[PDB]
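Drug samuraciclib bound to macromolecule Cyclin-dependent kinase 2.
Position 1 is the first residue of the sequence; numbering continues from there. Note: hydrogens, waters and symmetry copies are ignored here, and every other heavy atom, side chains too, is used. Per the header: X-ray crystallography, 1.9 Å. Whatever order the structure lists ligands and atoms in, that order sets their numbers, starting from 1.
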Amino acid sequence: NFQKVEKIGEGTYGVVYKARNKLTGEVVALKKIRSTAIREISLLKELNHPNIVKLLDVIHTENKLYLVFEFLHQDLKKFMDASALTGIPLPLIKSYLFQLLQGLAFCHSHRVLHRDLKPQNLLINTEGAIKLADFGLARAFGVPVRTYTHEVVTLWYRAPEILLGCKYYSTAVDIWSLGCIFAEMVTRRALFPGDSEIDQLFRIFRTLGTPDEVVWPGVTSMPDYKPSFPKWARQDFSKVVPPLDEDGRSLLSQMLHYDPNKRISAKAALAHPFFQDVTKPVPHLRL
Ligand SMILES: CC(C)c1cnn2c(NCc3ccccc3)cc(NC[C@H]3CCNC[C@@H]3O)nc12
């Protein structure tokens, strides 16, 4: 049914090809992965939003699960690499953040989490849109330590409650990841580039302060919390994300609250004064 055009990427779970539907003529991204999973994933065919990469079809055959997605011409990680020398202009950053919070707000209203947001999962088009890829896949299959190609699954965007062993992730884990992504677009460097769970957690602690019962009630009771964690002081955001303005720094602070109950929701974030002058700029793309 599908003519492969080219290999475009490697997902957590399987290879992705650009492909053409042989009888509709449609160009699609075809994910090939080598049955609660099938039910859960089938449900995602109905979770449709303009900022969520469209799941067109789920095809289970021959010990393989094919997910047929809408095709987008570039990812944000590539966009960010391509703009390394002047950075993404702030208005486009704000537009992108605003549109991703809409995607989160939508899925979270339906109690679907992503749980593995990262630049690689943010795809863009020539219309100035940005969309979230792989929503719902982590609940269906888990998030493994390595991908199907053995590549290390990045920890850089992982919320602290996950690293401390909380088993019952809330929608707040996506807000944490998206705040790390926001900081990275602004500064052009990963905010917390951990290379192990403990290095990730100590990178967080060194910037935001080691958490305690004062900022995060119940934290000392979490499974992987140790009294022996070093006790680091918090730094000013002014130093973390220059030259983000006061509104942006205030929003980023609320997206990176330790306590998941206090972390801003996607819906409340949409109302933040940072978005008072939000516009939809069209980026420059080399296809
Ligand atoms: C599977 C679906 C989510 C998808 C739609 N467009 N598209 C593009 N397009 C960007 C692109 C186009 C052409 C060449 C390279 C990259 C790349 C890509 N890469 C594999 C992704 C899928 C999601 N997770 C991270 C992986 O890198 N996955 C997708």
Inset, instruction - Name the organism the PDB gives as the source of chain A. - result: Homo sapiens
Legend entry - UniProt active-site residue nearest samuraciclib (ligand 1) in chain A, with non-hydrogen distance: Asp116, 7 Å
Legend entry - samuraciclib (ligand 1) vs UniProt ATP-binding residues of chain A, heavy-atom distance under 4.0 Å: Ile8, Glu10, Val16, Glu70, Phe71, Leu72, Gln120, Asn121, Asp134
Inset, instruction - Please list every residue in chain A that UniProt marks as binding Mg(2+) and that has a heavy atom under 4.0 Å from samuraciclib (ligand 1). - result: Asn121, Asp134
Legend entry - Contact bool for atom 21 (C) of samuraciclib (ligand 1) (protein heavy atom, d < 4.0 Å): no
Inset, instruction - Consider every N or O of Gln74 and every N or O of samuraciclib (ligand 1), then say whether any pair is closer than 3.5 Å. - result: no
Inset, instruction - Look at atom 8 (C) of samuraciclib (ligand 1) and say which protein heavy atom is nearest, naming residue and atom and giving the distance to 0.1 Å. - result: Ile8 CD1, 3.5 Å
Inset, instruction - For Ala133, take its heavy atoms, then give the atoms of samuraciclib (ligand 1) lying under 4.0 Å from any of them. - result: 3 (C), 23 (C)
Legend entry - Under-4.0 Å heavy-atom contact with samuraciclib (ligand 1), by part of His73 that carries it: backbone
Inset, instruction - Map the residues of chain A that contact samuraciclib (ligand 1) to UniProt domains and give the domain with the most. - result: Protein kinase
Inset, instruction - Report the member of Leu76, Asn125, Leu72 with the shortest heavy-atom distance to atom 6 (N) of samuraciclib (ligand 1). - result: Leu72
Inset, instruction - State the binding site of samuraciclib (ligand 1) (non-hydrogen atoms, cut-off 4.0 Å). - result: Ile8, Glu10, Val16, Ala29, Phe69, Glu70, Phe71, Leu72, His73, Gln74, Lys78, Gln120, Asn121, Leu123, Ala133, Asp134
